[PDB]
Structures are given as structure tokens and as C-alpha cells.
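I have placed the structure first, in the form of C-alpha cells, so that the comments after it can refer back to it.
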Amino acid sequence: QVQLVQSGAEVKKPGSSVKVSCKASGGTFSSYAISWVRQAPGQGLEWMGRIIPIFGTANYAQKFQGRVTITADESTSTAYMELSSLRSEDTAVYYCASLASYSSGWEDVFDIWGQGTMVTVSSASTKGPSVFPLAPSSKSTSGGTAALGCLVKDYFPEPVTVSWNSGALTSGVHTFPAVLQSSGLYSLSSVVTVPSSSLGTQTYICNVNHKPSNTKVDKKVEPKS
Amino acid sequence: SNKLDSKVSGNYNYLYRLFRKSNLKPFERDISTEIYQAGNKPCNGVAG
Amino acid sequence: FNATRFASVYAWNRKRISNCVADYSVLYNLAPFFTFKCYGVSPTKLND
Amino acid sequence: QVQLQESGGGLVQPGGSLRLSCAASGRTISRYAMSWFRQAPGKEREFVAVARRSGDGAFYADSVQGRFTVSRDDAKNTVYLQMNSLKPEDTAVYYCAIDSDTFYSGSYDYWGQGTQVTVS
Amino acid sequence: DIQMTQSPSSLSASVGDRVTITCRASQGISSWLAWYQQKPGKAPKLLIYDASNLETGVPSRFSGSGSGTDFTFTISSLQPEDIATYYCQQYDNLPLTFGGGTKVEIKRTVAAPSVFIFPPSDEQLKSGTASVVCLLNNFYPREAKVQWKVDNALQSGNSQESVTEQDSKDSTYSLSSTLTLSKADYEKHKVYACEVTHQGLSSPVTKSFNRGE
């Protein structure tokens, strides 16, 4: 088997330089090759460079030549990429790929990635989310059912997990993608639906965990009549 | 195939074995990519 | 001939052939082939 | 407003085929997708078919997709819907409607007028 | 440099229907063109690397062909788990160029949205900011008008929207919008409302709440 292991979340100010890693394992390291790719929240793919660690040869895209460098060392069994002139547009998910397609008739296409590293470039600073619940009214019920939820605001940096703590209580839970404020802070929304026989009395509690610092935040939602 | 399979400064995908420890047997094939014994004994995946 | 799935001589492609006609007057002699040769016997003899 | 009305329909023998016609005037027909709707006697409304500018075929509902076809004429504001091998189930009142939103992907049910079609 | 395009940009068909797509490139070639199966934020799966060629492990469910500047890619069948975006890639030369994408999804009968609105709370207003959310749940089309009607008057240019992908379990889709205001502008008005109209709906729907209750 062949596998790739990537680092955790990394963030830096604009105009800086950053180091990233891609740990390779399994089989023989000398027979593998590594490539790097970037994936935004819906923009097209970008390919940074390519290296053959056994032989040390590398090449680049015109967009990233000069400003980016790759080094890989067998002894540490990981591949490295060097980045410079970071800017806000670099905020995306950064992936490392293995190009095994060079020695068996399969040519110049990857078939293995790691777990992917999310990256962000902003002037903000790390801090936890701000959460506030809402109070639906009984007159607002629809078809004998109602919904409750929470909004997550003012957290940085990502990734962020928004959910309800545990159990089947999560029935009818529904969440939507994140948005980024002009101040440099992320946001999220969540909702859960409840029938008449369980709304209010169930005492629903929304939860958030800012795993870059592993800070847990929770809040209660209460209807009214 | 140069008429249709060439690039201004490309065609890096075309590969051939430049060094080997010993000659291949008739109609034999080798797909190994181990470091060649360049003067010294083959180094195990390192520089040297 | 036309597969071209052998862009690198390293890790070259092989095939086995049996139970057919082997009409060399067409094979290796049409316009696309720039060069063609046989060793030890002429193509005219090999044709039959 | 976006006025629209039908023509044709009426009485036909079961198992036959007939054409339902719908037309408009005084306004541009291209900037909306043209759809169709159905109501069985005393029953709720139900979408039937719709046509678009690109001409990449059409879109239909489950009850009509495998039997019926729809078409439109952007240069004359005339749109048509085909009925094939009528059955007792399809005896109903049909509505001609505009997907009343300029160059829009979805649709909004602005039915202009309707007529009855029945099987003898 | 090499540039390419894909047409059409989106496909919709019912479960088990045939699907086909085509990709166009700048230069005429007969090999060295790939195809990919990609989903939002997920890893592509390789199906074709050279014109009409595939590896071990590629399912027989995919195929491709063509010559010159146009190559086609066909899928034998569609299922809800296949909601993804097909892509063409080309590597005749080093400046690898990637396709414009073609969405593939599932066709279904019209589903009426479940409509609800999301009035503010006190802790929200104490921060100086005010916002309200209007949600449409499990409706088929890509968008349905979510109109803010503060004081029974339409509003525009002051809301944010978020979107979900098609639900593979039942091929439905959801949408919502979020109004934003300051507490002063919030209290300048008295009645809040959101209106929803939809293809499968009988008539326009209005939901509202008031500052005095």
C-alpha cells in the first residue's frame, strides 16, 4: 500500500513565506513521486510544481516559478513545498499528490493524494466564535412542525465544526456552507426541525468546536408563545 | 513523431534508461528505478 | 503501430501474435511508415 | 401584463391524438420559458411540460413525459402541446402559463387561460 | 497556450438514463487527452488519460472517443450517487490545461418547498447588528424567489445567500437568504415579512412577524 500524510491547518499574514509538508509512507520511498495541487471553494484547480525525490529533479508552472520551491528528503520520508508572496487569494485547500504514473506505462497522472491542508491568508487574528440563538413563536409553526437553529460568527481561523452535541437528537438537523466577512472573520449557519410534540420541551442545544484551538461553544434555543 | 509530438521546450515525458549496473538479456525488459552505481556502490535512495 | 502507448523506451510495450495472416506488403509498407527493414531475409521472401 | 390564452381541445375519441394550441401577442415571447399545467375535475394543479429557447429537447412531468411532446415558436408567439392515445385519466382542464421571470432558470406559475379536453 | 472548453455545461437526467459529453481543445490531436470525475471539494477520479484508453480498476461504466479537436466522453448509466462534475484534461505538452466542467445531476418531479422565516433575538440586537433569515427547504429547481418585504415593502441589496448541493438521497435541493441591518434601521421598521412562490406551489406564500409581539 501507498499513502500520503499532510500537515495541519496553516495560516500566515499577506506577503510572507510558508513551509508545508507531505509525508509519504508504504512500499519504497525511492519509487514514488510527489506533486502539489490547490483547491479553492469552487474555483478551478491550480497545480504548483512537481518533484521526483529519488533523483531530485523538479519543474514548475509559469504562474508560480521563482516564488515557490519544492524539496523532498527520503530520510524524513516526506516532501516539502516552499511558498512566498502569500496573498488572500491563496485561501484554499492545499493538496499533495503522488505521481506513480511514470514506470508502468501509466503516464503523467496522479492516483493518490493525502488528506489535504486548508490554508488562509488574512490580516485577522485567531479567536473563538460568537454564537446567538433564536426564539421562534408558536404562531409561526407550519404544518404542526417548527425549526430552531443557531448562527456562528466572528471566528478565525478555520476549519470549524458546527453541529448538535450527540445522539438521535440530531434528527432533522441541516447546515449550510461558510461565508467570509470583509473584516477577515468566517461565519456559519445551522438549523434543526422539530414537531409540535417535541419543540421547546426537548431543550435543544447547538454546539460549535473551533478545532484550530479546540475551543467548544454551545448555546440553547427556546421557542415562545 | 516530431511533426505532432514535440513542444517548444518540452517533451520531458519521453524517458530512457541512461545508466545501469549490467546489460539486459536478449528481449529482456527492466522497469526498476534504483540509483545507479555511479563510481561508488549504489546509494540507498540518497544523495552522495 | 498506431497505439503509441510507448512514449518512453524505458518500460517499453510488448505484444504476442498468432493465428492470422501476416501480409507484410501492407504492414510496415504504407505511407505513414517512414522506414522499414528486415534482417537476415528480404521482405519479398517473408511475404510468402 | 403577460397575457396568454389557449385554443383547440374539445371532444375526441379515446385512444386518439389531438393538438392543443396556445398563443400570445403584444409582447416578447423569448424572455420567458413557456410551460403547461393540468387539473383533473376538482383536483389540484399539476405541471405537464415546458419548452426553452436552446432547443435541447424538452422537459415533462412524470404522467406525461413518455406520451406527450411540446414545442414553441419564438418568432410568432405560438406554442403547442401534443396529446397521443388519450385515456379516461387525461380528461381534465389544462392551463397555459408563462415561467414569469426574465431569462430565469426556475419558473413561476402564471397561468393565463385554460380549456377543457375530454374523451368520449 | 493550449485552451479547451466543454459543452454543454450541465446535464440532468433520471436514474438509469444515458449520458454523454464532449470536450474541445485548441489544437488538433489524437492522443494525450484525459478525463476526470470531480465533485465540489473532493478528489478527482481518473477514467481516461489518452484518447480512448484506461487503466486497470477503471469501471466499464465510462468511455470516450474522438479525433481532431473534439473528443466525446460517454457514461452508460446514471445514479444519484454520481452527482458530480465531469472534466477533461490535456497533457500533450507541459502547460497542462484543464476543462471548464460539466455538471451532471438527477431529474425528478416538482417538489414544493417547505417555507419558514427566522426572526431575530434580543442578544443579537444588543450587539448593534440585526439580521433575519428566510429558508426554502427541499425544492427541486436551482432557485426560487426569496423576497424581503419589510413593512410590506420589497427590499433588495441588503441580504446574503447560501446554497446546498442536490441531495443524493431524494435529489431535492434547498435554499435560504439572510437579511442584514443595523439596530437603528431594524427598529425604524415595524413589520418583517418574506414571500415565496414556486413551480409546484398553488399560490404565492407570505410569512411575517412584527416588532410589537
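A, B, ... follow the sequence lines: proteins, then strands. Residue 1 opens every chain. Excerpt of entry shown; contacts counted in excerpt. Note: hydrogens, waters and symmetry copies are ignored here, and every other heavy atom, side chains too, is used.
- For chains A and E, the correct option among MORAb-009, CNTO 888, JMB2002, TB31F, GA101 is JMB2002.
- Per the PDB entry, the macromolecule in most contact with JMB2002 (chains A and E) is Anti-Fab nanobody.
- Other chains with a heavy atom closer than 4.5 Å to JMB2002 (chains A and E): B, C, D.
- Across all chains of JMB2002 (chains A and E), the one with the most heavy-atom pairs under 4.5 Å with chain D turns out to be chain E.
- Looking at the entry, the name attached to chain B is Spike glycoprotein.
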